[PDB]
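We number chain A the way the PDB entry does; in order, the residues shown are 1-14, 16-56, 59, 61, 67-86, 88-122, 124-131, 133. Below, all heavy atoms of this structure are taken into account, side chains as well, without hydrogens, waters or symmetry copies. Order of appearance sets the numbers: ligands from 1, and atoms from 1 within every ligand.
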Amino acid sequence: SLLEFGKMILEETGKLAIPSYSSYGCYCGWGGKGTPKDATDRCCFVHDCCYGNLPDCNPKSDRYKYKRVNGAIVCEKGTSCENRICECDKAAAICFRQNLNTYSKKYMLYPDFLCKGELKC
Ligand SMILES: CS(=O)(=O)Nc1ccc([N+](=O)[O-])cc1Oc1ccccc1
């Protein structure tokens, strides 16, 4: 679920999902057009694609379980949708951590009109 993803993001990064990742660049918190602005935004692009892989799942609301094994995220077995959603979220959280070095506050509340053009998953 979105709330679980937000907790995972905070755990990974030390940033609150709202506001740090809820309105960032062209793809975080809202897709779905434009060239991603930076690596963090590309995490969101890929995460959006990852959810897009799951048209019959409901990633905003469906809850999954996960644990930590020495810092590592391990998605625990739920329904097929839950497992796949968890894997999408895990990847994005790791991606955000891997790109914290280049996170730029200037991309918070990035305006829509600067995000133009289709980029295929
Ligand atoms: C913000 S919301 O109402 O909870 N919906 C939603 C949540 C996350 C994302 N996103 O891009 O990560 C995008 C979201 O919304 C959109 C999905 C597709 C296209 C436009 C917006």
Give the name from UniProt for the chain that makes the most contacts with ligand 1.
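Largest number of contacts: Basic phospholipase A2 VRV-PL-VIIIa.
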I keep forgetting: which drug shows up at ligand 1?
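Found there: nimesulide.
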Specify the organism recorded in the entry for chain A.
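The deposit lists Daboia russellii pulchella.
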What protein heavy atom sits nearest atom 17 (C) of nimesulide, and how far away is it?
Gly32 N, 4.9 Å
Nearest neighbour in protein (non-hydrogen) for atom 4 (O) of nimesulide:
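For atom 4 (O) of nimesulide, the nearest protein heavy atom comes out as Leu2 CD2, 3.9 Å.
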What UniProt active-site residue in chain A has a heavy atom closest to any heavy atom of nimesulide, and what is that distance to 1 Å?
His48, 5 Å
For atom 2 (S) of nimesulide, find the nearest protein heavy atom and state the residue, atom name and distance (0.1 Å precision).
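It is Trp31 NE1, 4.3 Å.
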Considering the heavy atoms of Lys69, write down every atom of nimesulide situated less than 4.0 Å from one of them.
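Those atoms are 7 (C), 8 (C).
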UniProt Ca(2+) binders in chain A under 4.0 Å from nimesulide, heavy atoms:
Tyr28, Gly30, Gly32, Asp49
With heavy atoms of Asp49 as the reference, note each atom of nimesulide found under 4.0 Å away.
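With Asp49 as reference, the close atoms of nimesulide come out as 10 (N), 11 (O), 12 (O).
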Can you tell which part of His48 has a heavy atom less than 4.0 Å from nimesulide: side chain, backbone, both or neither?
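Within the 4.0 Å criterion, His48 makes no contact with nimesulide.
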For nimesulide, which atoms have a heavy atom of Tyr28 less than 4.0 angstrom away?
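Counting atoms of nimesulide from 1, those under 4.0 Å from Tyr28 are 10 (N), 11 (O), 12 (O).
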Might you check, step by step, whether the distance between atom 8 (C) of nimesulide and some protein heavy atom is under 4.0 Å?
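Protein heavy atom within 4.0 Å of atom 8 (C) of nimesulide: present.
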Best match, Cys44, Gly30, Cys29: closest heavy atom to atom 6 (C) of nimesulide
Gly30
Extract the binding site of nimesulide: heavy atoms, cut-off 4.0 Å.
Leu2, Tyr28, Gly30, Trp31, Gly32, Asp49, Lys69
